[PDB]
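Structure first, then comments.
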Protein chains: 2
Amino acid sequence: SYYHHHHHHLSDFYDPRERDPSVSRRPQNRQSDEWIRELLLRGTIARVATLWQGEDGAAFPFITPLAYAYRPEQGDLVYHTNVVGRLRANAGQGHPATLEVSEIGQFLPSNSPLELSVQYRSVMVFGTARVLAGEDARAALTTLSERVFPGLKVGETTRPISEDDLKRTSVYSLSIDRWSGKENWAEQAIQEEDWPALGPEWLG
Amino acid sequence: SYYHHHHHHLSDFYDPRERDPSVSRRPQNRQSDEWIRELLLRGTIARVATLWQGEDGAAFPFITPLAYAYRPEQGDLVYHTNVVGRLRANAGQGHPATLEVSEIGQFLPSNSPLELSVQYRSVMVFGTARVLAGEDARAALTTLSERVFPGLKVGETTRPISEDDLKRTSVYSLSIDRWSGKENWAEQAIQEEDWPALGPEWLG
Ligand SMILES: Cc1ncc([N+](=O)[O-])n1CCO
Ligand SMILES: Cc1ncc([N+](=O)[O-])n1CCO
């Protein structure tokens with residue numbers, strides 16, 4: 001900055017910058033519903049958090065990484081998991097569930113300590129998960145499998161999904177209520193001009 | 001299998017297999033506390049789930065991916081995040097938190113549909129997170145930064161962490177109560193011998 005330069009020789013914020021008019025004007029890095037849909041469609045791993053009763057009787061969350069598929073027409077995401085707790089902290093046949101899908105890029109170095117960061121694209125989904133049965137379960141497991149293994153066809157590449165398979169597997173539809181989408185994918189973190197610049201080890 | 005071979009020409013479970021005596025005998029793919037510690041030490045991204053009050057008054061979980069560091073002597077993990085809800089579904093100055101760290105490898109194809117899987121190593125941590133202040137916060141942010149950017153030194157590579165930095169940042173210590181560790185990192189999924197084997201596109 002001038003003040004520092006001049007001090008050596010003896011704000012930023014409101015001053016000119018380039019802006020691409022095509023960029024999102026939404027606060028807090030937020031993204032469009034179309035962007036969220038496309039991120040969900042290309043992802044294959046998610047974390048799901050649901051609530052279980054703990055030892056003190058209080059609800060607490062599990063976090064389970066698992067394969068998933070977004071089914072846009074049905075308005076859900078499907079996954080299977082045999083991970084359970086004792087009792088769900090939940091009244092009813094479905095349970096509230098949060099699901100997260102992200103694309104995490106590179107860590108971004110800076111000579112400014114609070115500008116250290118990582119590239120990310122991230123979706124949070126809020127809804128109700130329910131266990132599927134029978135041909136509902138078989139269809140969801142098929143969509144899932146054929147999604148995460150492109151080119152695989154259940155019944156051809158693999159034997160068909162049998163009744164025994166289904167008895168041994170808990171398959172869920174997370175029916176979507178709300179979602180959120182956030183991206184910060186800069187190529188370089190904000191740097192501090194008035195401190196020695198990072199060397200080529202860092203940015204090269 | 002014989003039965004199928006013979007049927008064409010016209011159990012597995014209890015029969016001989018190789019076992020490495022060095023392998024974990026724990027059920028459900030579980031791992032030692034030493035293994036959990038080492039996984040936590042090499043990781044740099046975690047998800048944290050904490051509970052917020054929702055619209056119907058019920059608690060529900062957020063899932064936040066963030067940079068983290070395990071501090072074994074202190075018995076905690078530290079991270080910063082400005083993500084908040086309305087009110088935490090929580091009595092007190094700390095809040096219950098679950099933290100997840102995983103290494104996710106390749107998706108593993110099979111001609112058996114319920115053997116489709118993905119390689120993973122995964123830790124679940126259960127504890128109480130509390131906001132840090134002052135030199136506690138500065139030290140934790142330094143450990144974090146110098147962990148996720150090896151070779152970076154706060155105060156040298158970057159300007160020091162200032163009081164303004166600290167006012168703008170919520171830095172947490174998740175004090176560990178319990179943890180869990182799980183691994184399934186096979187090189188190949190279990191296949192079904194009595195269905196056409198996968199072609200070289202899949203396993204080659
Ligand atoms: C710990 C874990 N990481 C990935 C998975 N997975 O894909 O089933 N798992 C299994 C349990 O959710
Ligand atoms: C959505 C997201 N993905 C990664 C991050 N991050 O590293 O801060 N974030 C930011 C908020 O947690």
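Naming: A, B, ... by sequence-line order, numbering from 1 per chain. First listed ligand is number 1; within each ligand, the first listed atom is number 1. Below, all heavy atoms of this structure are taken into account, side chains as well, without hydrogens, waters or symmetry copies. Quick check of the header: X-ray crystallography, 1.9 Å.
Among the options lamivudine, metronidazole, tranylcypromine, psilocin, dimethyl fumarate, the match for ligand 1 is metronidazole.
Among all chains, the one with more heavy-atom contacts to metronidazole (ligand 1) than any other is, according to the PDB entry, nima-related protein. Heavy-atom contacts below 4.0 Å between metronidazole (ligand 1) and other chains occur for A, B.
The heavy-atom binding site of metronidazole (ligand 1) at 4.0 Å consists of A/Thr64, A/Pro65, A/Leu66, B/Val118, B/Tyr120, B/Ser122, B/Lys182. For a threshold of 3.5 Å applied to N or O pairs, the pair formed by B/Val118 and metronidazole (ligand 1) contains no separation below that value. Of all protein heavy atoms, the one closest to atom 5 (C) of metronidazole (ligand 1) is A/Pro65 O, 3.3 Å. Taking atom 12 (O) of metronidazole (ligand 1) as the reference point, the nearest protein heavy-atom neighbour is A/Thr64 CG2, 3.0 Å. In terms of protein heavy-atom proximity, atom 10 (C) of metronidazole (ligand 1) is closest to B/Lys182 NZ, 3.5 Å.
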